[PDB]
Amino acid sequence: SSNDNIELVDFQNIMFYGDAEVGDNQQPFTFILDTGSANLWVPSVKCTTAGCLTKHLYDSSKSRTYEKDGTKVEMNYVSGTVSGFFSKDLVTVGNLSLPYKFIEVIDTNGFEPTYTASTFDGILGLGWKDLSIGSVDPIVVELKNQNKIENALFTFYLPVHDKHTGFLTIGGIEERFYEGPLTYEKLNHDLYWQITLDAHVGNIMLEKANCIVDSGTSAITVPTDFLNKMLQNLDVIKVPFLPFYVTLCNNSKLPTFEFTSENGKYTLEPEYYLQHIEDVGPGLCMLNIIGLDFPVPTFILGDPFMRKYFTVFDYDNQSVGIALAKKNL
Ligand SMILES: Cc1cccc(C)c1OCC(=O)N[C@@H](Cc1ccccc1)[C@@H](O)C[C@H](Cc1ccccc1)NC(=O)[C@H](C(C)C)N1CCCNC1=O
Ligand SMILES: C[C@H](CCC(=O)NCCC[N+](C)(C)CCCS(=O)(=O)[O-])[C@H]1CC[C@H]2[C@@H]3[C@H](O)C[C@@H]4C[C@H](O)CC[C@]4(C)[C@H]3C[C@H](O)[C@]12C
Ligand SMILES: C[C@H](CCC(=O)NCCC[N+](C)(C)CCCS(=O)(=O)[O-])[C@H]1CC[C@H]2[C@@H]3[C@H](O)C[C@@H]4C[C@H](O)CC[C@]4(C)[C@H]3C[C@H](O)[C@]12C
């Protein structure tokens, strides 16, 4: 009764992948696991783009349980876009497996140069029902309505460079994951794992500002103007043309993000957002922070933030629970 989960592997510290399998043959696929996208895709063997020639492709021939919606699709991210068509089939996960409506992909063209650069094969969305293209029911919620899960939640324990592995468990909470009390944050929404936190860094603040908690984002994002107020006299330096900064790893001026709610207070310290890049130069870190202006002032608590806090996404309680992870194995 050790619960079900999936092994998810640190990729150099930037981001992580859980491998999973569509088709009764459990056809291989390495994925991104994104809270924020509500749809899962994989690249068909009918794929016509150079992108695809890199990792594993779906042949629906080889599936016994294959059904075809056949309706043409185009999945859009901010990072770019994959397009294909809709299909059905069962998809196993850890010890658990069911029949799902998913987007067979045949076109990476507009997801380069990042996809053909990556190792992951498709993006398992983990988002919300009303946000699915083609009306799709989220996985975790199906495992409940199908009584296959003990609660309709999913729990994210993220890995660390050469330190320990990571585990997305789906139903119940594994205690060995966190120390200090889980704090639940209400969704200020009904399509997105986003809450209302009061983000400060030094003199600078924002208060009552949507914070998205996205598994498929490998940075913090910050309102551009807030990020500028942030960097005033801090001895960091934008890369030319790229919206990324670099700095000495030792830079003592690098702040500590602090987030307040009525309920709980959370904090990010440089070591979690600094990204060593010796590859360039000595004790030279890249910041893992991007400036990004929505219409309403918003942050995105991604890999750095999560790799800090054990984090639980409960559909039924329309909340994200947060507490501090453990050190190692
Ligand atoms: C879900 C959705 C709804 C409406 C509109 C759009 C554009 C929507 O999709 C946007 C979206 O999900 N983007 C992010 C978060 C989001 C939601 C809304 C607006 C903006 C962002 C995130 O969740 C997933 C998305 C896709 C992705 C692509 C390649 C590898 C991994 C992930 N990842 C990224 O874009 C991220 C950064 C740049 C945000 N990213 C880029 C690569 C490398 N790693 C990384 O961290
Ligand atoms: C999402 C934001 C853009 C926000 C914005 O607001 N930018 C204007 C959009 C253009 N228009 C004005 C025409 C929109 C339509 C008009 S409208 O007025 O309707 O909005 C853009 C700006 C810079 C972009 C990143 C960098 O590239 C580097 C990198 C390249 C990879 O490959 C993919 C990942 C990554 C991290 C990129 C992600 C994302 O992509 C970023 C954050
Ligand atoms: C973008 C459109 C609205 C149309 C629009 O954008 N109308 C004008 C605004 C001005 N712009 C921002 C275009 C100026 C760009 C100037 S530029 O300098 O780029 O040229 C709106 C409509 C619904 C919105 C999403 C949902 O809520 C769910 C979710 C909430 C999170 O919290 C943030 C992510 C997400 C996916 C939202 C993103 C975005 O918010 C959407 C697509």
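We're sticking with the PDB entry numbering for chain A, so the shown stretch reads 3-331, in order. This deposition comes from X-ray crystallography, 3.2 Å. For ligands, and for the atoms within them, numbers begin at 1 and follow the listed sequence.
- Drug identified at ligand 1: lopinavir.
- By contact count, the main macromolecule holding lopinavir (ligand 1) here is known in the PDB entry as Plasmepsin II.
- According to the PDB entry, the source organism of chain A is Plasmodium falciparum (isolate 3D7).
- Counting only non-hydrogen atoms and rounding to 1 Å, the UniProt active-site residue of chain A nearest lopinavir (ligand 1) is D216, 2 Å.
- UniProt assigns most of the residues of chain A contacting lopinavir (ligand 1) to the domain Peptidase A1.
- In this structure, residues within 4.0 Å of lopinavir (ligand 1) (heavy atoms) are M17, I34, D36, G38, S39, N78, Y79, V80, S81, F113, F122, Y194, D216, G218, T219, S220, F296.
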